[PDB]
Undergrad: 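Structure with ceftriaxone, see below.
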Amino acid sequence: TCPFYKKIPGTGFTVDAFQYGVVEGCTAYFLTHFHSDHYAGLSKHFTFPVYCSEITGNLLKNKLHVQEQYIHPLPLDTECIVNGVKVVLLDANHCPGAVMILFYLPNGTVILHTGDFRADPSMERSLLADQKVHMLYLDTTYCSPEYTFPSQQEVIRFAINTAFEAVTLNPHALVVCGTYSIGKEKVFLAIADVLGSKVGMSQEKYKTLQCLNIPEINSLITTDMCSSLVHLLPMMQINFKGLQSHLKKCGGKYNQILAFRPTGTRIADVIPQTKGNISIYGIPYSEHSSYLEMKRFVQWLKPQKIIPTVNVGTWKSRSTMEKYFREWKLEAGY
Ligand SMILES: CO/N=C(/C(=O)N[C@@H]1C(=O)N2C(C(=O)O)=C(CSc3nc(=O)c(=O)[nH]n3C)CS[C@H]12)c1csc(N)n1
Ligand code: NI
């Protein structure tokens, strides 16, 4: 059945609750972002209306083939009505099109649903600050102190640097990036930027990127591999065996590959794995809050209830996160 943590109490709304068939007493459904944990169940003939950002809707429309009529896009940083409830979508600083949602219930209660997000101080200078928020549905993906990774700013600076090095050194060398779902585009876009390349890819992915309407995207991407000296390949293809296969299958224009895996302490001290003329790099590009980013965020927010939405399936997990919420409540004095 649909769990209590996917339901907005007060309304008949749900958030990312498409894998449960029809939820009883659910007048509208909300999609925070286009990630498959969060959209599973959305067939092209899903018959209830869906509320989301523009971008998430494009991806629904084109990848999952749902009809304009059942797809209600909504602008960011704007007060909107939906089944007579005030709602606002805020940028989640997650993947393209991802949003947090504020529900302003008619009784007076105000609910933030982070969805997936990467807490940032800039969110404290937002619509959020214009009132107290009582309940918080919290992306707790990394709610544990060992989870510390650097700023996206650092990683990309590094990856830009590692890139401009290897190509200025060997101008017949190819940067490659790993990828599966949307997100982490700034990695591969920022390298292409600095080497004045376009970004080559398979068509599914090219299509996926055309949904996101990035400024001047046509001039930053392509499906003809040859012309692009930075290529995106599926994450599974990012191994020495796969990168040989790829370098044969270009017609011998590139003699050396610099790869990147974006999934997973100091950044300058990072060292690759080299086997041949193939350097692979594991880089920690998160689009989720670290322990401290989250902490700061919630401690600023000072919510009354907090409802975690992630690592929710076991009691060890549930009570460990509840301990950290107690610590934060106490430390900040709310
Ligand atoms: C092939 O599958 N890939 C993995 C794997 O988990 N790789 C990376 C890893 O640890 N990752 C993490 C994360 O760290 O949370 C994540 C992020 S969790 C997540 N984030 C979302 O934004 C979202 O919408 N849904 N989810 C679930 C999943 S893959 C990546 C794998 C399987 S076996 C193996 N060696 N790794
Ligand atoms: Ni996500």
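Note that chain A carries the PDB entry numbering, so the residues on display, from first to last, are 700-963, 971-1040. Basis for what follows: all heavy atoms, side chains included, without hydrogens, waters or symmetry-related copies. Per the header: X-ray crystallography, 2.7 Å. Remember, it's 1-based here, ligands and their atoms both numbered in the order they're listed.
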Undergrad: Which ligand entries or polymer chains correspond to ceftriaxone?
TA: ligand 1
Undergrad: Name, as the PDB entry does, the macromolecule that ceftriaxone (ligand 1) contacts most in this entry.
TA: DNA cross-link repair 1A protein
Undergrad: Just wondering, does anything else (ligand or ion) get under 4.0 Å from ceftriaxone (ligand 1)?
TA: ligand 2 (nickel (II) ion)
Undergrad: What source species is reported for chain A in this deposit?
TA: Homo sapiens
Undergrad: Okay, heavy atoms under 4.0 Å: who's in the binding site of ceftriaxone (ligand 1)?
TA: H732, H734, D736, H737, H793, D815, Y841, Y879, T962, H994
